[PDB]
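Drug tavaborole (bound form) bound to macromolecule ATP-dependent Clp protease proteolytic subunit.
In what follows, every chain begins at residue 1, and chains take the letters A, B, ... in the order their sequences are listed. Values below: all heavy atoms of this structure, side chains included; hydrogens, waters and symmetry mates excluded. Determined via X-ray crystallography, 1.9 Å. Both ligands and their constituent atoms are indexed starting at 1 by order of listing. This depiction is restricted to one part of the PDB entry, and every contact reported falls within that part.
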Amino acid sequence: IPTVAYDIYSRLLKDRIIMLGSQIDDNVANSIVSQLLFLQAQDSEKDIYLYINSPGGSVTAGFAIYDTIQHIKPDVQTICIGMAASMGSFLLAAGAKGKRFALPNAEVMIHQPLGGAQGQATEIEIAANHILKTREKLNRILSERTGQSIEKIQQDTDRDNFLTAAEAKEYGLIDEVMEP
Amino acid sequence: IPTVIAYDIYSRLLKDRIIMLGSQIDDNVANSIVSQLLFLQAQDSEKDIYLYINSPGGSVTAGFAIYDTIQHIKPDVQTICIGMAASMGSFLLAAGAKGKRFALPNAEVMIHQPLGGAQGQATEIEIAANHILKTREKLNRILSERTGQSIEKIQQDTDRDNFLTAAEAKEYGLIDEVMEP
Amino acid sequence: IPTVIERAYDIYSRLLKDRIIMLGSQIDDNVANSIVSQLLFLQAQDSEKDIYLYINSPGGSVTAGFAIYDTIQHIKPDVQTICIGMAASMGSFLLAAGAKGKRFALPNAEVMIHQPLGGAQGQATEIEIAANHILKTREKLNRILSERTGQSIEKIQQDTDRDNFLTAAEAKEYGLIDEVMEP
Amino acid sequence: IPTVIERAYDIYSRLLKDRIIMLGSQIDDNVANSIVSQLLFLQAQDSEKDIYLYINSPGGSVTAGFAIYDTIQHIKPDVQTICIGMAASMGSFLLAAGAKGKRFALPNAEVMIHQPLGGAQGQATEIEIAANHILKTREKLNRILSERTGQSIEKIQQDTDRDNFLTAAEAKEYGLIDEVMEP
Amino acid sequence: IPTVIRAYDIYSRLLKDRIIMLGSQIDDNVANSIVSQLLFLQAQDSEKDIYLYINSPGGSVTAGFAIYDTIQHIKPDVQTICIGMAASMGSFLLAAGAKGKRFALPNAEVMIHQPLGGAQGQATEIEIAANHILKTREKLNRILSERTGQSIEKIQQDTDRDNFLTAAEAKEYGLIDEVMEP
Amino acid sequence: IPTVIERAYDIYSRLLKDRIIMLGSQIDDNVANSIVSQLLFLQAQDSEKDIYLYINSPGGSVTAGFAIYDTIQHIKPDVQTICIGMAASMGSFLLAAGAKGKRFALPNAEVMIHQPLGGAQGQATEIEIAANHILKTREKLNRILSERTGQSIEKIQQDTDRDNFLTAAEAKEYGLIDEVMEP
Amino acid sequence: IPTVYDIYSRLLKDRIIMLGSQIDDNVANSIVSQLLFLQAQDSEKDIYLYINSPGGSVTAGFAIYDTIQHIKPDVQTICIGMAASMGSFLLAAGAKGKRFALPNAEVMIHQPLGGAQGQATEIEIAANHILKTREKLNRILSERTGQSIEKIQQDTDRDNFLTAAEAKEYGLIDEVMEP
Amino acid sequence: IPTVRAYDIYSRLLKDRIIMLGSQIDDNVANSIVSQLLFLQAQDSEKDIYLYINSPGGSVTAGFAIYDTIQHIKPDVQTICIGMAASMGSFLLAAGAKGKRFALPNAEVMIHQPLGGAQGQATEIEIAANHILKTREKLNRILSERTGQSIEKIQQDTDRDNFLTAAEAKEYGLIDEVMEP
Amino acid sequence: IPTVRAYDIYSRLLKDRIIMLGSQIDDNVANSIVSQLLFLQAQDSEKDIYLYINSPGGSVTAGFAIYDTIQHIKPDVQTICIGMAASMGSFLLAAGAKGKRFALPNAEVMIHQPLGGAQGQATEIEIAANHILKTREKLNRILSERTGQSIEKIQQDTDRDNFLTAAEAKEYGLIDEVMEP
Amino acid sequence: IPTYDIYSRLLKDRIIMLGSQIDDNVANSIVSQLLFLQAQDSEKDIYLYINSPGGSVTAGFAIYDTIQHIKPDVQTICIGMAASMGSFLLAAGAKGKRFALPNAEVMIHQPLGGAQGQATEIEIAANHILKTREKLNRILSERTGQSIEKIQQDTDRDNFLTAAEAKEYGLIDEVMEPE
Ligand SMILES: *O[B@]1(*)=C2[C]=[C]C(F)=[C]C2=[C]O1
Ligand SMILES: *O[B@]1(*)=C2[C]=[C]C(F)=[C]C2=[C]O1
Ligand SMILES: *O[B@]1(*)=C2[C]=[C]C(F)=[C]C2=[C]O1
Ligand SMILES: *O[B@]1(*)=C2[C]=[C]C(F)=[C]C2=[C]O1
Ligand SMILES: *O[B@]1(*)=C2[C]=[C]C(F)=[C]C2=[C]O1
Ligand SMILES: *O[B@]1(*)=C2[C]=[C]C(F)=[C]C2=[C]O1
Ligand SMILES: *O[B@]1(*)=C2[C]=[C]C(F)=[C]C2=[C]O1
Ligand SMILES: *O[B@]1(*)=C2[C]=[C]C(F)=[C]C2=[C]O1
Ligand SMILES: *O[B@]1(*)=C2[C]=[C]C(F)=[C]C2=[C]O1
Ligand SMILES: *O[B@]1(*)=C2[C]=[C]C(F)=[C]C2=[C]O1
């Protein structure tokens, strides 16, 4: 809301800080991707800081952000404040290795995909196969980014799983709890 | 609606062993049809029963409650399609006693695959998908037995909604005769 | 809906004269009130002849289901249970509650077992009370299902974690019914 | 729902002929008016034979519940109370109100006790009047529950501060019922 | 709901014994039914008294006065018995029973208050509505004064805000004659 | 609602046997059709005995009210009118329409008189037609009220310009009724 | 609303942040961004956080709480009107010695609120989570007020409204600001 | 709405130390008014501030945020009622610097007791009742101090809604002067 | 809407001391009109101000905020009715500087009594009735002073909605002149 | 929409675009534009394009009286449709300078309105709308040269005119042919 003429977020973007503070939908992803591409074009070596306070959102919107982070040359540090849940915790784990952080009282939640399907049996089968493939894709990447096996990630996401920042570090979702 | 000298018109027909299925098939309709079938069997276990069907279909489990009761009881159940028998309605039409399944000449018969829905976690969507796929296999297997068509042909012919005339339904094996005037 | 000559009965009242009770809907307090009243009435008419309870039900209220369950176990007549269509959730619990040896399903009937569902809103303390209550309810259901099926409580817990759909033949193998009724 | 041969009764009317009243819903003014009328009718038919009140109820209006409570205490016949399913809130209050020695629950029935719920909107003065009224109502309920259970008022106050779910066996130990009815 | 052995519903069966059950809000339909039952019972026997059970949150003031005036008009005594709650026009009808024959059960509640209403429109119309509801309050207070023995000034003070009474307090107030014990 | 023994009447049918008609609602076409039919039926049963019309009504449709009014004036029996509760608008018009000397109100009944209400939308020409119609309707009502009360048309016009609430005693002084019925 | 900058941007130039609404993720995002911006402008000067808030999301509140504790400047907190629920938690989170309330401001403390629907297993997970959240809040309130965890648990079982003077006696603030 | 660099009309008045309170008082309005008061004090801690009030009232805690800020800052805050000051609006009118509280001649002032609501368990309703009763005592005590009336008189005079003319508000002590043309 | 640095059309007219009242009168509209009047007085306390009125009326207290501000400030406020001035709109039309109240020839002026509502206990309805009756007396007294008609005539003429042409409004004393082309 | 916005750019050339229903907001804007243009130059004429289904009669008369009051001629040009108060404003342009494009439509009709309440109030509303119709017909008679009786007959029901018929009727002076 406040102005500094920049709004406060535009002012932070000048210092290569991107604030992800909402549900992740296509509009949010389009804006975050555009900010990442802009920052890379301004300086391809300096790293970028992505703050995450997000309950999650669209899996495809989340993957648009995820792939852009992996594509660009700068390191993207990720910093969880408040909560990173679902695709939010997936993006937290996607930051540059060694540069994934959470503040001490931040929460991290991991779970399996949610969705819906209606229609003929054939269509329900297509939707089920699609969401199951999506879960396998997410688990495989989380395995690579955390060092946990795919079987452990599958077991640990069967139901909603809430982690403290310290537990998220032990799990491999972040590298450090940021102390004051 | 009307009363006859006192029965409503449907109660009067039930006295002559006629059951009128003229709506969507839900649990209340199935509970009533099953109860009428059991009552008629208890009144006379040898005389057959006449089930008129004008129905767009409805709940698959409600339809199977009626289907299994028809197969369970001793009397033959003749089935007579007037208007339309679609989805579980055409399944019940095909379930009548062999040789005693009829449609009137302008009645329509429609066959299709099951419809349903699922929401929730991936695991729950998978459970719902497996369930509706097993339900389709169960329906196709019975339709194969009652029509003489192979399961593969029934699967192909129900992939999309398939509307049949009474004459086509007879050629298909869903009914035995088109009832002429 | 239809009426039958005799005075006059609706079709369900006519079946009740032959000791048949039709459970063909979701189980709520009104349905349980009616089923319990029919069971008590039939016992008062004849305490030795058995009763036939047809079940086509997606389930419903757990406490309404237990009102029916306890009445079945309380009265002197045997209650045979016959699943047509579907017995899910408290419906499959009542199916398994019939007199041992007299629990049936028709060949294409479906049986579904699952864990309790519920909700809670309010202060942390209130959510804890609701969670403890629904967890105790699940343990109570599993313990009775274990007794009526012969499966261990641990197996019932594993098999109800997610919705579990059984064919009539599988329900017999599981111990939820005694026989698949053939034509 | 079903009808019974005799002329013709619905199932509840048939049970009422045997002095059985079925309370199987939320308690509102219409339900209380019907239950009170049935109690007065049964007393007028025979002032000595007792009456059987089955309770499966989540509770409801406190004043409707007290209409039933006071009628039970007023009439000459004993009123046995039998909990099936659940007796919660004013339902458990009416369960505890049955004739001493004749209050029962089936083994898997649940009993829940709690404090009154209500609401108030308006000027500070009006909110104060509503608060005083609901606090007096709670004291009235606790005092009667103390008399009918033998627990002290202080224990009832502590045990109803939050929703308190009891098994039938716990309800007997508490003094809300006299016996768990076994098969 | 239930039927009794031709065939009566439970309320019709009680009406045969001269019992009328007022168990709802008082609107024009309820008043029309209660008035009709009172006239019917008087026509059946003009000497035997009538029993009016009251469990009511109140309702329309004019519907309540239709019942009130019919009670005062007919020859039989009308006993009134509060169970549960008699609030607003319900407590007014409770106090209207035959003197000496107004009762409440021990845990019944009685609530008295001033009239409620609404008005919208021109200043002139709001004034007409205000004058009407103020005259209605004076009419109610005057009758309550006569039936309870309290002064009009005390009734006015005691109804300014909602006033909840126990059965024992309602007896002390003069709204009923006796708390009915078991 | 209640039924009375004899065959079987609802309470209103039982009163109609004694030539009592109960007008206890808003006056719409369905109510007027029923009241007119009852008046014609009672005249056909006995053309000399009078009829008793109880009125507790907020009013309603002017044309439905005139259907009742003209039927009262047409038939041979006297129709006594008795206001209980409230007779407002077309209700007070029908109260004043009873047989002269046989129009009553109970002591706390209220009588309200006012001018017609209505609405109109559309072209100027259509609004003019609707205005002329409702003004003619008011003149028709005032002329009849003048005849039945003995007040001049000018006084009735002044006294109905705004809603005018009368006590039973004031309604008698006005000429809308003949007597306040005392106990 | 008014321009001078809008009025809030003008106050932010003097290191004043105005928290005047329910605390949701958007509000927390903005407050955190303002705190980081002010630290980057000057890491030594303190910051003034005015609080008039009925509370809101617990995780949004902790985003603000952890940012306050993380940055180098002291954050003074000043309650005007009401600080309830996570609002009173943030009031108590200000730099020790620099937590204030105006004399007629109200402070309310309570336990977490939430909801859960679904299978028994899911309700259990939600109950365990909200109970752990309450323990986390109580432990921090104990540290910031000097009251024991058992006293905070007892005093938050039901909604507990405090005057500014009572909030000072409790340890939620350091001083009632007089005129 | 209109513009007068560029200011909207309210921003232009704020440059002359005029704050316009012309709506219900909620948390957003209080946040803005408090911010304007702090800004004006920072610009000049000696010149007084003019607060125009046309408000039906609103949140009691939002009103106290404004009230305490007025009492806290160094400048005098003159208050000027135009139209209506009701409920927390009349409380803020009475809160202006003593001698500098005004109403225009046809402005209305209304005083009343707090309004609120509560739902839930008896214990929770009791907590809400105690809270709103303490809030009323706090308001009455301050109104007593600012008007010179006793707390008992304020309690009696706010039991029901009490509408005052500007002249009556001056006689009551809620304002110091009726502003004449 | 249109722009003319850069002003919207209303801001451009305000530079020439013209205020356009073209809507229902609520608290937001009154707050804006009052602010414009105070701003114009501060710019020049001698030049008069032109208030165009096309308004169906609105809140009585919002209308009195504008009325009292007009009477308070030093400049004359000319009032010019275009289209319609009804209810508080016609009250503000009559409030312009004497000799400087105008209507265009086909403009309409409507006068009536206050409208309002009340719900609740008898005591509360009485308080609301007394308040709206006092409000009507206040309006009638001022209209009497500004038109030269007696209070009794204004009371009779506002009992029902009373529509006046511009020429009739001049004869009545609500305006001084019909503005001719 | 496009960028001055396009309408502000046309207003610089003394063109006002009336392209919507006529309500109080539209009339206030059109009146303000007319007064502004007169103040800029009291001799040059003004061009008012009209594509409007009509709207409020009093809002329409605010525009009508302002047109007649100001010194510049106001040319009126109908494109698309001028119906009800729209056709009234079309006929109100400077005599000789009222135009329609060849496929534009002009519709004339009687006033529409509504009334609810007591008989006395319905009578007041009926008298008011009948006086409004007489006022409109009298002005249309003056601006078209048709008698009041003919205008009354021709507006009893909705009456749709082509541009050529509107010229023959006297509502416009010329059908504008292509350039
Ligand atoms: O939560 B989370 C989610 C949701 C949905 C999807 F699809 C996916 C995912 C991951 O995380
Ligand atoms: O149509 B139809 C159907 C539907 C659903 C299901 F589930 C199944 C079926 C068969 O047919
Ligand atoms: O499904 B099912 C259910 C539901 C709910 C509860 F609580 C329980 C149960 C069992 O089954
Ligand atoms: O739950 B329960 C209840 C509710 C409400 C009231 F008031 C009371 C009570 C008791 O229980
Ligand atoms: O409550 B209650 C009431 C209401 C309303 C009116 F008018 C009256 C009364 C009495 O009581
Ligand atoms: O009220 B009332 C009325 C209404 C309407 C019309 F038309 C008429 C009348 C008479 O009364
Ligand atoms: O109020 B408050 C709250 C709410 C919710 C949660 F979760 C937490 C908390 C603290 O405070
Ligand atoms: O009105 B007013 C008010 C409301 C609410 C609260 F809480 C308070 C107050 C004061 O004024
Ligand atoms: O219209 B108008 C009006 C309305 C309302 C009020 F209060 C007032 C007035 C005057 O004018
Ligand atoms: O259309 B049009 C119109 C409408 C309405 C009014 F009032 C008027 C007019 C003319 O045209």
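Taking 4.0 Å as the heavy-atom limit, the other chains contacting tavaborole (bound form, ligand 1) are A.
Residue-ligand proximity, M87(A) to tavaborole (bound form, ligand 1), at heavy-atom distances under 4.0 Å covers atoms 2 (B), 10 (C), 11 (O). Nearest non-hydrogen protein atom to atom 5 (C) of tavaborole (bound form, ligand 1) is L114(A) N, 3.4 Å.
Protein heavy atom in closest approach to atom 11 (O) of tavaborole (bound form, ligand 1): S86(A) OG, 2.3 Å. Near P113(A), the atoms of tavaborole (bound form, ligand 1) lying under 4.0 angstrom from a non-hydrogen atom of the residue are 5 (C), 6 (C), 7 (F), 8 (C), 9 (C). At a heavy-atom cut-off of 4.0 Å, the residues contacting tavaborole (bound form, ligand 1) are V59(A), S86(A), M87(A), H111(A), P113(A), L114(A), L138(A).
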Tabulation required: pairs of a nitrogen or oxygen in tavaborole (bound form, ligand 1) and a protein nitrogen or oxygen under 3.5 Å; columns are atom names and distance to 0.1 Å; otherwise 'none'.
residue: tavaborole (bound form, ligand 1); atom: 1 (O); partner: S86(A); partner atom: OG; Å: 1.4
residue: tavaborole (bound form, ligand 1); atom: 1 (O); partner: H111(A); partner atom: ND1; Å: 3.0
residue: tavaborole (bound form, ligand 1); atom: 1 (O); partner: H111(A); partner atom: NE2; Å: 1.3
residue: tavaborole (bound form, ligand 1); atom: 11 (O); partner: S86(A); partner atom: OG; Å: 2.3
residue: tavaborole (bound form, ligand 1); atom: 11 (O); partner: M87(A); partner atom: N; Å: 3.2
residue: tavaborole (bound form, ligand 1); atom: 11 (O); partner: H111(A); partner atom: NE2; Å: 2.6

